[PDB]
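Residues take their numbers from the sequence shown, with the count starting at 1. Every heavy atom of this structure was used, including side-chain atoms; hydrogens, water molecules and symmetry mates were not. We read in the header that electron microscopy, 3.4 Å was used to get this structure. Atoms within a ligand are numbered from 1 in the order they appear, just like the ligands themselves.
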Amino acid sequence: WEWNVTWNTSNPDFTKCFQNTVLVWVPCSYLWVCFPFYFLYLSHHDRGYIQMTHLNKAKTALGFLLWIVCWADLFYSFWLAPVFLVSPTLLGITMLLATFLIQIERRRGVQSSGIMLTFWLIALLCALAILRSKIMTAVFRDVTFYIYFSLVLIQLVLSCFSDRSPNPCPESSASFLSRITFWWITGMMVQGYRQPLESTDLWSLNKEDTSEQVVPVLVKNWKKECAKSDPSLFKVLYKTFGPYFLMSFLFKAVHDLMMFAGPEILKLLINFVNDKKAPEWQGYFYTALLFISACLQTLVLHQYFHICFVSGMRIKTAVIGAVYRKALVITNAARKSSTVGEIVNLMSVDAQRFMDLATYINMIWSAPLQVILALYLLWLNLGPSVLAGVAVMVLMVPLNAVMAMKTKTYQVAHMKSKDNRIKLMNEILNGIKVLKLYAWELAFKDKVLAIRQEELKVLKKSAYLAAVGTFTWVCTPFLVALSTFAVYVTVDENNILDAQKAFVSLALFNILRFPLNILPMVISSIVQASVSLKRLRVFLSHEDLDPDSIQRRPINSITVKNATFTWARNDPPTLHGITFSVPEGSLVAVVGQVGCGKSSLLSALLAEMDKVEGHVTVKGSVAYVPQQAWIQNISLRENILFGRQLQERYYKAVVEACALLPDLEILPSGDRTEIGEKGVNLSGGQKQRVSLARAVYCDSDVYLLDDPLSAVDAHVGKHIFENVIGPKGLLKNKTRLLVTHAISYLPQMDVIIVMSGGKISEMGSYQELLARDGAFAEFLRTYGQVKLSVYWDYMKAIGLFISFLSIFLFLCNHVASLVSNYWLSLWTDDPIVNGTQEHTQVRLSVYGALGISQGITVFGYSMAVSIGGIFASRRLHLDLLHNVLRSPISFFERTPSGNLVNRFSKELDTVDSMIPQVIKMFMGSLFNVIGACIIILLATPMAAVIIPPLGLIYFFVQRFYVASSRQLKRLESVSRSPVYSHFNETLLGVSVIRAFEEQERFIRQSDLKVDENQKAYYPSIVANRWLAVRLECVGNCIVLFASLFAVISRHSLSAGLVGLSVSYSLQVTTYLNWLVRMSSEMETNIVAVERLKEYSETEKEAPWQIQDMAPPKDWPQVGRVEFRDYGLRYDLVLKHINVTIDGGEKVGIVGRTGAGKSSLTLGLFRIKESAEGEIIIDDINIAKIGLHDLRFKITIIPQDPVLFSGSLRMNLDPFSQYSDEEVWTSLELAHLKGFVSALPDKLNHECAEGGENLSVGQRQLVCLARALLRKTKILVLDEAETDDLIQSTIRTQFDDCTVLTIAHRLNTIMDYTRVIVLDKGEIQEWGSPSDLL
Ligand SMILES: COc1ccc(CCN(C)CCC[C@@](C#N)(c2ccc(OC)c(OC)c2)C(C)C)cc1OC
Ligand SMILES: N[C@@H](CCC(=O)N[C@@H](CS)C(=O)NCC(=O)O)C(=O)O
């Protein structure tokens, strides 16, 4: 080895000894160090054995022949040089290890082989080097090498094909090349462009990713760790997911080391360029090396991502699964400790935090390592001056720190300021009819605007924080570079800033940019994950229930002796010393007062109570009808079935026996209707009916009916007891325990267990208990792509001047950056007078001025983008609110309130917060790519020949990502929420799930939900890997071509130009894929603006204020109403209505269900436009008057008064127009003075959502107080305990005003003269009640 023939000549030939020693030791050596390690994977991971195929044999036979050929050399050598003995034998032995390895890989089920691929690639390269040397030298031993090389090449080609297997995910059967390049998703991508992606096209999860495989291992590990007893969830997580984290650590270390090869090869290239008389091949070598290294880096890095992402995926699944399982075992006290919302948060935000932390968790050690290595390299280049740059990095430690903290604070406040608003919006939509009737649209618009501006103040304050953060991501490279260069050129004048010591350092600064700024974000995520992990450990350490506590003996039916139960370990017993024996097929009624311990008995028989002592021996399956009915959001049929085979005869015998036939009839789809909170709401009695029907269908032997007939009416209850619970019903032979407080069915009960204060008190049969005359007698005596129009709409909303100013400013940003780097290039070309440069001070001052301009410009650009973001959020929210409030009630009843809450919450969150960040990051990446291309073209114009093809590839890749990822990011969004919804419903009915022993069914359903979510999410991140590989293969191609065209034109190119072009090419690699990632996020985000602007063109109400034909101040002079041929369209509910209600004449409206009674009120307030009618009050037409005017001059007391959150005064007078004396007088006149004076807050009593704290009677009287305070001559009443009071009050002082009354009760209407009867919209009778009879 000497430089004359290897380095300093125009023919870069390796020496003969080097060829025969190191080039052969490299590949053989690779297999020798990997072989042992590879048994670990081959053994721990198995998939069966592959069959006997031609490919596998072809590879094995060539391995045998290759070994022979290599040993044939030893034979000829045996037939002087020491290397002619050891090298052939070593090659033969490693070759014998290669063929044995494909053999064992066949045995262990490895279709492709990465180890048997990289090894052949390394051998091929070594053979290629020797080959070129041997063909340049020119029979005896050469022909053996040609045979060796041809066999190695054919072996390498064979090793690429994937063997036979021993919508499945293609990753399982993908080859090594397809796995590293992520080609197995490519087809999906093109599919995602050709046709829309549904959940049916998503591949089945890998077996190792399915919930039923990951959750168990975590469950067993956690049980083992908690059995060893303080529990540590971190150790459990480590023990479960260690291999993935270690693999990610290895890949991140490799990437860390390989990303700094770029600057070293750039330094070598700059030395090559500035030094002429150097062999040209050295140049083309360096570029090639750089490209190769870069390629390797990206591959490694993306593998490092995949594992991490996969790991996070698995972790999320495990956590969710574990939580679900823990939800089914925890005692009642433990669930009372943490609210249902907090457990759902454990499922959602903690798991999401873990999965999104796993992406950058490894930077907690990579970033310090990257920083230390980069500082070492800079110290090699610059010297001690690098310390100054370190100072800037140190100066970036606190700022980022406080920045992070401040952001969190703002975010938290933002969250709060949003939640209230959403709650208020939830009150506006649920109660919009009342607001329209009372014309309170403007008041609640003002309230929502106030809360929104409170949120916008926090958003504006966080705009500055985000601008500071953007600055620390754009000027961190220059902030370090300017300091280091200034110190370097100032401390000693002999320090020359050549291209090697400037642009290599600049590339190092660009590298240092990421780790420095991501370390604070990683720390913040680690703290936010520490709190979530503490919550997860708190939940998973909660006490477990003992099914053993209750003896569940398969088929004296229920046995309890001396059993005392508790609701908590330290709380006193609720059931003291209970004993009773319920025989098989007997009806037992629990009897007591409120708080006696009746429901506690049924809870204790289900192992829900904490048994401090006793013995319970419930025999056979138990069907529980809880007091609070638990309804699944599935259809009513599946609610009754409860995951059981449908039997048409048994189902149709159960449904009517519960008297569910009328309920089925009223419901739209029958029994297929979607009952539950999300679907159609059901009355309490109907919910009890569904619960009882589910229990009866379940066909258990023991039934625990905790007050099944509380909410059903007396006739319905008696019918139910006759056909279901009674001795002649459906459950005649079933052991039925019924908790009741109704005597009507007591004599039919076989055994009555009457108790008092949680103690058995003389149980017995009804007649015997009555004869005894004791406790029971006492008890009885008790009583496509988004269009550019939406982008332009956001541009208009963001502020046209703001948008164009931001574009111009950030153009100045990138122009300043490019000019600063070109100025540095000119500075590096400066001649050196003696040991000093010509003009260093001037160039340094210009560099600093350009950089300070760039810093203030990025500050201003981020500031302006965020300011425009808050501007657009304000305008879009205001327009959405105005459109929603001005829209008719028909729109509200048509569109589900879920979509309106979606608009007001998630679209607003996307528009106001993350759209501006997406815009900033996308613009930055796009112009970084543009500037890199501009610099490459300026340095090497010929490189334009690479612009089309690569660009074409980019375009193609972009398309195949943008069309596909969105579809995968939509299917994720629709699949994540069901997982928590299911959990929430499970959390609500844990007792029902336990009682019916259907825990495994719900566990499997949760597994399926999480599996669907992961089937949506895994392609989402694999698509990111695929796009990143594709585009960092283009940016690597950009690096190679810029480097190659700089080497080709090295004579006309200065070293500074080469360094500048190569550094910008290095950074465009990272910037290019993020450009497309951001573009996809922008496309997904602008659909939010589209959704916000949807109701802007829908049909709106008539104008609230006309102001051309406004009525006088006293519009209802006497209150003379005249329906002149009124016809309401919603074929005609109201038709042929010609009636006249005189001023101050009491008139009521009577009719059956389906008549136009209520619709008539909607005619008065113009809720629905008159299809044909001329309602005129006094001498003024209603249709001509603006809505607000008439809605203010007419008052309505609806069926259910809607009390809004806030003070009572804001309920009575939202506008605060009426004085306090008027409010007090109206409240006194509403029989409410005594109560309203009782609240400590006086008139400012904070009533909750819907007035839950207030009683129904009080809310009704508050609505009456509203009507009385309005002091209008026309009043409408909608009648359904306090009836005597409200009727008297409406008959007390409103005799002066004209009152219409729609009452379902004839008793009240009889008092009112001039009754109007509506049969089917027609006026059946028009006259006084005296003429009625
Ligand atoms: C590409 O230019 C920019 C990059 C980042 C920023 C700051 C935006 N901040 C929210 C920080 C983003 C941080 C981050 C993300 N997401 C990021 C995005 C894009 C990046 O450049 C390709 C990046 O590397 C510098 C980091 C990390 C966490 C992956 C502004 C930029 O320009 C205005
Ligand atoms: N050179 C950086 C690259 C890290 C990187 O790619 N950053 C962002 C994108 S520029 C990322 O992690 N991407 C996550 C994703 O795939 O969504 C390093 O030090 O790892």
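According to the PDB, the drug at ligand 1 is verapamil. By contact count, the main macromolecule holding verapamil here is known in UniProt as Multidrug resistance-associated protein 1. For verapamil, the heavy-atom contacts closer than 4.0 Å come from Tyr360, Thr470, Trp473, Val474, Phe514, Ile518, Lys920, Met921, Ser925, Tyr1071, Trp1074. In the structure, the transmembrane segments of chain A that UniProt numbers from the N terminus and that bring a heavy atom under 4.0 Å from verapamil are 10, 11, 14, 17.
With a cut-off of 4.0 Å around verapamil, the other ligands and ions picked up are ligand 2 (glutathione). Counted by heavy atoms under 4.0 Å from verapamil, the UniProt ATP-binding residues of chain A that qualify: none. In the deposit, the organism given as the source of chain A is Bos taurus.
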